[PDB]
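Here we have a structure that includes talazoparib.
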Amino acid sequence: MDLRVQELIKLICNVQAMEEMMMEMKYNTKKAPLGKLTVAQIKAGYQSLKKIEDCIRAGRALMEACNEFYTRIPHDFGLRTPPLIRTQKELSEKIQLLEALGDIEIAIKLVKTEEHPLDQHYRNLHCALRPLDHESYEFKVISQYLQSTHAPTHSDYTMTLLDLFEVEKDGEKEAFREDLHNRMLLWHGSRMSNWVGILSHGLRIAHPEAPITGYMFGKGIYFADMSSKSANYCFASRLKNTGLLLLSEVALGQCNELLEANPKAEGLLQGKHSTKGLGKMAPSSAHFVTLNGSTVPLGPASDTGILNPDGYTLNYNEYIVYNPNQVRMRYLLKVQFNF
Ligand SMILES: Cn1ncnc1[C@H]1c2n[nH]c(=O)c3cc(F)cc(c23)N[C@@H]1c1ccc(F)cc1
């Protein structure tokens, strides 16, 4: 490759990192190594999670259900009683875990070699990654957007743009809902473990067997107009301060705008093309710009005056599309997190 693209590839294709990351989520790799991971294993996971969600919707069976889960998706809690899976946060953790294994299952297949390995990993992605000049117009806007939509309540770090690549995933230009109005350039963040999957298969909706209570606005692909909302889903740390952020063209269409969580939001569409969870603070439109016919919601964020008298109010917006054909990957940011 070019060196910058080589180091990116190195970075995301590091299986030792993937292993470290999974141990950090308390997954037992000694017992179920990542190289012995299969689609069937991971479905078995979902099927046992579904059975747990069932017990929370209904009311004993939960101990049977949690055990089956831990049998099929081994964990490592050491000498402590393995905890039960009982709260919304807990179940959503288990889903973040399984998603991640699916992306690793994918990476491990892909990183197998027959050319230099890094050049092989790269080719098998089927997605052009192109480093951009830091003096260029596109880098200017992206930096401004990165910083200017850093949310005031994600004050625990800053981000530094280390490097920028334009992304072009085979298939996407053509599949894309070019026709839909309301097209915006929006963020997506994810665990480092997941990039080989996302680059090679694209952003995907939730797995079919995934429990729906995990998903605030149902099983779509989620985006923010607030860089740090997305960046939080990188799960970076002082120990692992290099992450990646995605910018994608998102064909939003008419938005069904929602004040609070509804996992059945997808059936609420009834003609519309996306869900938008309304936030307290959002970038203001007097400040937007256009990059290749996609609106870029430049910061800073302002009180939108939005309020949910019924309960919890979102701090910042989110957008959910329920078909990959509404997403076109566009730029990938290499970001240093400064804690
Ligand atoms: C954890 N996860 N797995 C796939 N997608 C995600 C999240 C997400 N990933 N990345 C983003 O940029 C994002 C931007 C949002 F405004 C909102 C988001 C996300 N919510 C998604 C979410 C959060 C909790 C949950 F239980 C399920 C889904």
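Chain A is numbered as in the PDB entry; shown residues: 234-292, 296-350, 355-579, in order. Just so you know, these numbers use all the heavy atoms, side chains as well, and skip hydrogens, waters and symmetry mates. When a ligand or atom number is given, it counts from 1 through the structure's own listing order.
Lab note: most contacts to talazoparib come from the chain UniProt lists as Poly [ADP-ribose] polymerase 2. Residues of other chains with a heavy atom under 4.0 Å from talazoparib: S328, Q332, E335, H428, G429, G454, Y455, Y462, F463, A464, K469, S470, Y473, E558. For talazoparib, the polar-atom distance check finds no N/O of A464 at less than 3.5 Å from any of the ligand's N/O atoms. The UniProt domain of chain A holding most residues in contact with talazoparib is PARP catalytic. Per-residue contacts place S470 under 4.0 angstrom from the following atoms of talazoparib (heavy atoms of the residue considered): 11 (C), 12 (O), 14 (C).
Checking the UniProt active-site residues of chain A against talazoparib, the nearest by heavy atoms (to 1 Å) is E558, 3 Å. Which parts of talazoparib touch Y455 is read off a 4.0 Å heavy-atom cut-off, strictly below it: atoms 27 (C), 28 (C).
Below 4.0 Å from some heavy atom of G454 lie the following atoms of talazoparib, by number and element: 25 (C), 26 (F), 27 (C). With a cut-off of 4.0 Å on heavy-atom distance, the UniProt-listed NAD(+)-binding residues of chain A close to talazoparib are: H428, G429, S470. Contact atoms of talazoparib toward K469: 16 (F) (distance under 4.0 Å to a heavy atom of the residue).
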